[PDB]
Every structure is written in C-alpha cells, then in structure tokens.
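Opening remarks: the structure here includes pemafibrate.
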Amino acid sequence: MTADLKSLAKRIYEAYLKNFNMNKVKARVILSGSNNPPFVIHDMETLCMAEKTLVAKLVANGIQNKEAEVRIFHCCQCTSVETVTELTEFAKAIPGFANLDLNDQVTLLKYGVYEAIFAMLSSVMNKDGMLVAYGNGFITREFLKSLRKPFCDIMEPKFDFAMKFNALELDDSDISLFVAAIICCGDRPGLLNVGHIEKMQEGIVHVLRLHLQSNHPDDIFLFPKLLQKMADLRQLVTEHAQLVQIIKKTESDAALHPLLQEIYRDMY
Ligand SMILES: CC[C@@H](Oc1cccc(CN(CCCOc2ccc(OC)cc2)c2nc3ccccc3o2)c1)C(=O)O
C-alpha cells in the first residue's frame, strides 16, 4: 500500500502526449527530412513567402502590414498563448494541482509557463534553426540573428540553452516530468498554501528522480543536472521578460497579447 511512482510517471507522460501539439518525437521526424514538408525561412524573401502561405491574414494589409520584425514578434506570441492553454490542461494531471486553491494554480502557472515553454522549445531546435508554425516552417538561427535590434536578441539565448539541454538526450517521458516539476515550484512569489505546494513538488520530484534513474542509468548525475537546468530557465525567463518590456515600451508597433501581458505583469 504505497504510491506507484512508475504508474504516475506514465500518467504524466500520457497527459503530455495528449495535451501538447508538439513533442520531441514529432519534431525529430520533421527535422530528419514526405507530406507537408517544412518551408525553410532563411531570408526576407522566404519569410514573406512563408507568411503568405502559413499566416496569410497577417500580411493581407498591403502598405499597412507591420515591419517584418514585428510580424515575427507577433507570431512568437501566438505560439506562447496556445502553449499556455496546453500547459494549463496538462497541469490537471499533476497529483495535487487541481486540489489547490484557484489563485495558487494561477500563480504556479504564471511563473512556470515560460520556463516550460523554453524547455519544450528546445525539442524543436537544432544548431541551425527551429521549427515554427506547427512544424510547417523551419526558421534559421542566422536569419533570426540578422533581425534589427532588439528583435535579434529574442531567440539566440534560447538556442544557447537548447544546445546544452539537448545534449542531455532526454526523451518525451523525461521532458513530461521535467515540465511537471517546473510547474510545482513552492517558492514562487505570492503563494498562499506553500506547505501543500511543497509536498506536491516533493512528490513530483520524487517521480522524476526515480524515472531518470531507470531511464538514464548511464548518467548518474542527470537529476542534479536537471535541477540546475530549472534554475537556468528561471534566469532565462527573467532576462526574457526584461527584453519583452523594452520592446513593448520602445516599439510602438509591437503589441503584447493581453493574456501574456497578464502573465508578465508583476512577474519579475
Ligand atoms: C517574442 C515574445 C515571445 O517570445 C518567445 C521567445 C521564444 C519562443 C516563443 C514561443 N515559441 C516560438 C514560436 C515562434 O513562432 C513563429 C511562427 C511563424 C513565424 O513566421 C512564419 C515565426 C515564429 C515556441 N514555443 C514553443 C514551445 C514548444 C515547441 C515549439 C515552440 O515555439 C516566444 C513571448 O514571450 O511570448
């Protein structure tokens, strides 16, 4: 009569497979190289071609269309909004999460979503670029670096994180538990029921530790490596939020979707 941690790990993995449109298996199939192959965006010509096919409404305004960098900024936010919806549904599978007060659920998701986004973003990145638009585009790392400041500073730190994160060779069963652990941080600002959240965190981290022990017997330090990656993600989000605020304040055409402005409001 004890918790079945192996069953819980499988439940979390199944909830991740059901709730996230993108995962590492799907991304790798596309990145390896028959139907709906990804359009390569490596310069302004190919960006504009891709937009006309994949986000036609955004470029149907003629001389009124926004600057390319601002269009990219908007597209990035759209993915974040959708991923927040997926993360919110995923969180229901985490033991104890749905039993928390609604306000604590909101706070955990507020601080956790971008850490989870950047962790999962790594699955669609290689050293040369990243998948976009539900796997239907591939935008090169060099093209994103070529954008005018400060838009060229958005993605590069996330590539830097991803190259090292991907070198750990996690699979989706690992990532699902890592995302659940990200969401269950008992030290987020403003939590009410810290005690219950700490116990929820302890439980999911126990599931993660045992899973990594079983799934990665070759890497005895993988668990502390991932604890450090969680801290790295918190710093990456803090810096990202600062950049988003600079853009919002100084780029009169770069707007922030209201759901994301609420996430960012009073975060760091
Ligand atoms: C800028 C403010 C914005 O920052 C960022 C910064 C980095 C990443 C994101 C979200 N993101 C990139 C989507 C790009 O989406 C397009 C689509 C079309 C296009 O042109 C045709 C160009 C880019 C993404 N997260 C994922 C999670 C898992 C799997 C894949 C994922 O991808 C937002 C924020 O803070 O929300």
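Since chain A takes its numbers from the PDB entry, the residues it shows come out as 199-231, 234-468. All values below come from the heavy atoms of this structure, side chains included, with hydrogens, waters and symmetry mates left out. Counting starts at 1 for both ligands and their atoms, following the listed order.
Of the chains near pemafibrate, the one making the most contacts is recorded in the PDB entry as Peroxisome proliferator-activated receptor alpha. UniProt lists residues of chain A as binding indeglitazar; of these, a heavy atom under 4.0 Å from pemafibrate occurs in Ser280, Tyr314, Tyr464. From the protein, the heavy atom lying nearest to atom 20 (O) of pemafibrate is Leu247 CD1, 4.0 Å.
Residue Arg271 does not touch pemafibrate, judged by heavy-atom distances below 4.0 Å. Pemafibrate is never approached by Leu254 to a heavy-atom distance shorter than 4.0 Å. Nearest residue to atom 2 (C) of pemafibrate from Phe359, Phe338, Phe273, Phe239 is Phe273 (criterion: closest heavy atom). The proximity of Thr279 to pemafibrate, defined as any non-hydrogen pair under 4.0 Å, is limited to the side chain. Not a single heavy atom of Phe218 sits under 4.0 Å from any atom of pemafibrate.
Per-residue contacts place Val332 under 4.0 angstrom from the following atoms of pemafibrate (heavy atoms of the residue considered): 16 (C), 17 (C), 23 (C). When non-hydrogen atoms are compared, pemafibrate lies under 4.0 Å from the backbone of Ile317 as well as from its side chain.
Of the residues of chain A in contact with pemafibrate, the majority fall within UniProt domain NR LBD. The residue-level binding site of pemafibrate (heavy-atom cut-off 4.0 Å) is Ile241, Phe273, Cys275, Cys276, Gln277, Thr279, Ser280, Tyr314, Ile317, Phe318, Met320, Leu321, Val324, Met330, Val332, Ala333, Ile354, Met355, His440, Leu460, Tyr464.
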Any protein N or O within less than 3.5 Å of an N or O in pemafibrate? List each pair with its distance, or say none.
{"residue": "pemafibrate", "atom": "4 (O)", "partner": "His440", "partner atom": "NE2", "Å": "3.2"}
{"residue": "pemafibrate", "atom": "15 (O)", "partner": "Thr279", "partner atom": "OG1", "Å": "3.4"}
{"residue": "pemafibrate", "atom": "35 (O)", "partner": "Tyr314", "partner atom": "OH", "Å": "3.2"}
{"residue": "pemafibrate", "atom": "35 (O)", "partner": "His440", "partner atom": "NE2", "Å": "2.8"}
{"residue": "pemafibrate", "atom": "35 (O)", "partner": "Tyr464", "partner atom": "OH", "Å": "2.7"}
{"residue": "pemafibrate", "atom": "36 (O)", "partner": "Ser280", "partner atom": "OG", "Å": "2.7"}
{"residue": "pemafibrate", "atom": "36 (O)", "partner": "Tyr314", "partner atom": "OH", "Å": "2.7"}

